Amino acid sequence: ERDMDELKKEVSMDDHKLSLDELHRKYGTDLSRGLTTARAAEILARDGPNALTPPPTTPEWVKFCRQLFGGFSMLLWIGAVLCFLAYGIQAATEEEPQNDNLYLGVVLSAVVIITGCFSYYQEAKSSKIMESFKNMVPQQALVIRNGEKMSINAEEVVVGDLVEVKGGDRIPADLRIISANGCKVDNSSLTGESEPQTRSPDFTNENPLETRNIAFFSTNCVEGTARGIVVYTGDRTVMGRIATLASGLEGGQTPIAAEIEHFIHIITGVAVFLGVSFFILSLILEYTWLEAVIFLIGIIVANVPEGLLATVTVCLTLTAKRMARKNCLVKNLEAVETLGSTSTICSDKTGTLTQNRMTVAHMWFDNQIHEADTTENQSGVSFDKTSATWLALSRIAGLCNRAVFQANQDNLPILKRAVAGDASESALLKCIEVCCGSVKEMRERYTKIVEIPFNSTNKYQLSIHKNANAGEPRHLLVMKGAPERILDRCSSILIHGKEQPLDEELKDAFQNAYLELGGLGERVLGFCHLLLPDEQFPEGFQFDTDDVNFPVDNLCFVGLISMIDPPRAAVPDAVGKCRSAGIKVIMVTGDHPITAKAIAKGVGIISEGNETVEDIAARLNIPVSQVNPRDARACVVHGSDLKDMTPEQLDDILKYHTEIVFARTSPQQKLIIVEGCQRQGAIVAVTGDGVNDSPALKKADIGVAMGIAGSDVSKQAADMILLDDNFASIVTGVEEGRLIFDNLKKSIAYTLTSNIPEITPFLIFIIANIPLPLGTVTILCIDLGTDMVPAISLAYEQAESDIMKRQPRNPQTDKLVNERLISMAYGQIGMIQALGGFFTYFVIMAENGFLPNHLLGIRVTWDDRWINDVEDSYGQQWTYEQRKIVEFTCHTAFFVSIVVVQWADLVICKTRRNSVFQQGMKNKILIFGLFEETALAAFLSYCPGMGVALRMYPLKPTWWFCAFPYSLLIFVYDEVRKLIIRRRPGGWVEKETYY
Amino acid sequence: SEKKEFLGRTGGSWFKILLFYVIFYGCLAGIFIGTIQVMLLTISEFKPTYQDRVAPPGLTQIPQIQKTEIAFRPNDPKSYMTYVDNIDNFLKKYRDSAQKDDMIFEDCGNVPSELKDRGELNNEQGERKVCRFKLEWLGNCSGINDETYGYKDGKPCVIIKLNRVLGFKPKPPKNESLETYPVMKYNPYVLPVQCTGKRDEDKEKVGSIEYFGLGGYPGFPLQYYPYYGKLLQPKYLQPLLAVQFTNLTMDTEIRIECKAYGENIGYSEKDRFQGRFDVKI
Amino acid sequence: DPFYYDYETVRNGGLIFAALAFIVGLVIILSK
Ligand SMILES: C[C@@H]1O[C@@H](O[C@H]2C[C@@H](O)[C@]3(CO)[C@H]4[C@H](O)C[C@]5(C)[C@@H](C6=CC(=O)OC6)CC[C@]5(O)[C@@H]4CC[C@]3(O)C2)[C@H](O)[C@H](O)[C@H]1O
Ligand SMILES: CC(C)CCC[C@@H](C)[C@H]1CC[C@H]2[C@@H]3CC=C4C[C@@H](O)CC[C@]4(C)[C@H]3CC[C@]12C
Ligand SMILES: CC(C)CCC[C@@H](C)[C@H]1CC[C@H]2[C@@H]3CC=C4C[C@@H](O)CC[C@]4(C)[C@H]3CC[C@]12C
Ligand SMILES: [Mg+2]
Ligand SMILES: [Mg+2]
Ligand SMILES: [Mg+2]
């Protein structure tokens, strides 16, 4: 299969260039009569129906398992297995862990299971809402067999049978065009070409993709009619190969998951360091290998942050919820953050950056160019329509067209409403409908007699009607066509309602105007009219298209009409915000260079003032090869050159040019550009619409498709989708992703601060041989019991500064959890928390008759069930359950004290840099975190029967206030730390602490 | 690991970091010791702050077992050496030669008598005297030289002892007492104890019970109470009560529960040694 | 007797607080 996907990454080839003789000699077909019914029915069952094999991915609900493993749920899994193993070793004697260690493993297991359940439910919900969006309407092909046209199901079409396509019809399979009349197909999705390309029987370009003798699958035919023999069917077609390639690539590891892996390696690192060093230490004193192993497992497992999976998953889920609120839907749960880490965005032009709707831009009147309103809501400026030249031109443009408003468009806005016709004809129709009034009564005002549709050669389209005016009953003739040819066929010029001959001054003014608008990226169509000598051509004269009835030369040229597809409204602002974020924007398109660069300048991918090599060569009147490419900050790379390029050349291009636009690029080349960007070691986001973006959007670190105007294949290959087709969301994304990162740290930090006061009680327990300060149940009531709500609330923290001002993070340098962070949580704050806990501990025990210095070495006799006389400092005798009750009352106050220091830890974790007096307590979820936390702890302590159940006993009032000064110390310490960090950003406190 | 110039991982500034942690952890330590010091300033030298936890005092045995079971061969010396040595080290403090001093010791009634109240909890009066306890008070079990001496060797014997609680003044059951089983009539001045095979249910019971108390009285004299603490009354000798089982079934294991009765006494079903007692033999 | 501590009043106080702070936090979450 490797060889297969090696053959799918290579651009295609074909038989497209042949004589029709050799075409049907090879295919064994009749040109006019197609094939026989029996032959078609033979080929249909020979290989397979015409359709793509349904997407190879249909994971059974057993895919649940996918969410139960990952990289972190694995750590919790081995944690649980170590727990169960430890219990197994503890079956060596009669043992308590029935209430301790087995419960610990089962709890870990429950956490993994539930987390997987939730994440899987979210992803599955996204899957469902994606399934609902699938609307597939069967479109039956019109075939021709045994001389008769039969319209049959598209999936019944075979190889090498004659097929006819008409206006609006979708191309059934890959065809070789034998004949054509006025046929413009829409290739916008497949090859990326914006304007409809004419299709002809003739061989034009060597590359089968840009040639005119081939029609492609999934392309809609704009206008005209055509006949062709089917070259390819089903999965063997072009987009079928694109789809099978896109389905056969790999997602790649997300930066977030990688950071999680690094983090895990750290935590397990200190886990086994402590475990081993303490195993050795414990063997150094007394305890046998049994007890020693028990201690090893106890520590390594204790170092595992049980609730951190839950909290992180919930966090990602929350941000994902907001993304969904903005109608930005991410297929994958961990692909939400990726945007924030993206240093380069490769975007396609048509369908993505643009509205993909051809619209009239500038016009030519009286040797003057006037810009129309190109906005969708018509919020711009209208030209001056008082001029009669505009009246004449508008009448010409409106009267000769194939464009017709379809039946059901009435209430809809004249722009966004549907039109049956060509691109140019649609734009013209809409413009004339808005500006000059209704084109209905105006088109039927003049009665069309005999018209010539745009020819295969010279492409001139003319029509001629009677006169609707009062004074002059002359026969009116109108023609539109390419500026140069109509320049060849015209003599007279119209200005301000009165004619003239052509003088080379204003003729070349017209020329330079045409080259200006053409160089501006817009496509220009020349418009002319000639009234006729009704004396020579009477009112009864019936003239046909056989010969020339009308003086094809010496016409009256009126003006030019240029058109282009505008960018979507939120696009320029979005690109600006992206460039402000430090993200490099590179347009990647298979469109023509002239339009590509223009659009790029329009949206701001290429800024004002920057010049390409060709621009410098143009201004200085020197050969293009002369100027130094280093002097060119912006570049447009023709697709022709990219095929001959090596990796070093692409690297140099990407390095030495800030504003880059790749034009006339095939899908595979898009893939190569993306991979080239990844060779630089930089995170990549790609945005596209059609199937040509399917290989790119798949391979990219994160893909982004368009909900409506995007195709199905690239929608499947994308890791993210925009439902409302709002480009601005991308900015929000890189905003969101950049924020959620910071909060995550905080979140993580918080829980990891809890482990030090969690672990140490069982540590010194082994060391100083003191009664156990902190039980297992309490610890579970901390990690999963209390800290949950604050840790989640830490996700509702906002930006501490402008996040879109800073440069994108460095994956190698900037880490999620790094040495600084551990230096903080484990090193400093957690230690103070532990001190607070042991303080409370000693307070309780000392107040009940057991002094701290006496408490050393007691546990041996203390944990003994059968010693019921145990002397405190006062000389009193304690039974087992009595002193164990005291110890259990020490557990609860230790737990509460943990909550108490977690107050201060929560507040200070709320902000990594800013002082709390700045960022404010404005987060409400945080406040409720505190209240709920305290109330929960107090409940656990004081709820009836909890001394029987969890063996948590009520606390005397004073107990509660023992942990206060340590918490205050934590707050003050981190506050002055977050002071000095602000004041001295050299900085020692900044390098060592700030995380 | 190492390159120029760093020690794994980054070793240039190590002095700064480690100094910072020395000072830091030093401050943390000092702070903790401070809080603990004030905490220790708030604790009394005479009476503990909370006595509510030990409130139902427990009953304990002289040969504390692995788990509540005396199982030994009446023949093999090495069988009961454990128990025997335990009782030896237990009653080593009670010898007539062990208490010589009339200074720190007081010769009290040969018969159970009223509670002895000495001053207050404070140090106003000096170190308090302690009543004497003669080993003769327990006959046939460890009385001086003559007999046993095998310490239950012919037939099982165990002394029961009440736990010590500061200021505790044991209240014996009223003379109106409800079904306390055969007991003597001296009830006002002593805290009583009685033993049975199984408590409230059908019994395997085989036994013959002989009690040695103060003056041959099955219970603790109140004249040894209240206990004034380790500080005010060091070398304090608490009352002891010997219980011998003469007739028993030898090769079969039976269980025995001893209960102490009184108003100041209470029992926990969860704590089997609290207020009551359990031994398998 | 010093051997009697009132755990029930302390308990009541704890639970009552719990209810108060919990419902207060509920008031905080809902900002109208
Ligand atoms: C004196 C010593 O202690 C007694 O047992 C000790 C070992 C073992 O039994 C346990 C229960 O299994 C350990 C267990 O190992 C690991 C923990 C689950 C671990 C945690 C991971 C985590 O995430 O949270 C906490 C830290 C301590 C822990 O909470 C318990 C604490 C109670 C204890 O019971 C103590 C026996 O008496 C033994 O025989 C004697 O040697
Ligand atoms: C400077 C400020 C912020 C605090 C100064 C620290 C010292 C002097 C304070 C902080 C915490 C305090 C303790 C809190 C707990 C109580 C328990 C009570 O049963 C006896 C006193 C005692 C132990 C307090 C004594 C003084 C104490 C140790
Ligand atoms: C909410 C934040 C800002 C902390 C401030 C409130 C603190 C000081 C309050 C809230 C919870 C409170 C406790 C609620 C439980 C009761 C039980 C009672 O038998 C003794 C007092 C005691 C133990 C309270 C002491 C004061 C307490 C610790
Ligand atoms: Mg992907
Ligand atoms: Mg596109
Ligand atoms: Mg933890």
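The lettering of chains (A, B, ...) simply tracks the order of the sequence lines. All residue numbers given for chain A refer to the PDB entry; the residues shown span 27-1021 in order. Following the PDB entry, chain B shows residues 19-299, kept in their order. The numbers used for chain C are those of the PDB entry, and the residues that appear cover 5-36, in sequence. Remember, it's 1-based here, ligands and their atoms both numbered in the order they're listed. Note that these values count all heavy atoms, side chains included, but never hydrogens, waters or copies made by symmetry.
Between ouabain, teniposide, ziritaxestat, aprepitant, the one at ligand 1 is ouabain. In the deposited model, most contacts to ouabain (ligand 1) involve the chain that UniProt calls Sodium/potassium-transporting ATPase subunit alpha-1. Every other chain with a heavy atom under 4.0 Å from ouabain (ligand 1) is named here: A.
TM segments of chain A (UniProt, N to C) within heavy-atom distance under 4.0 Å of ouabain (ligand 1): 2, 4, 5, 6.
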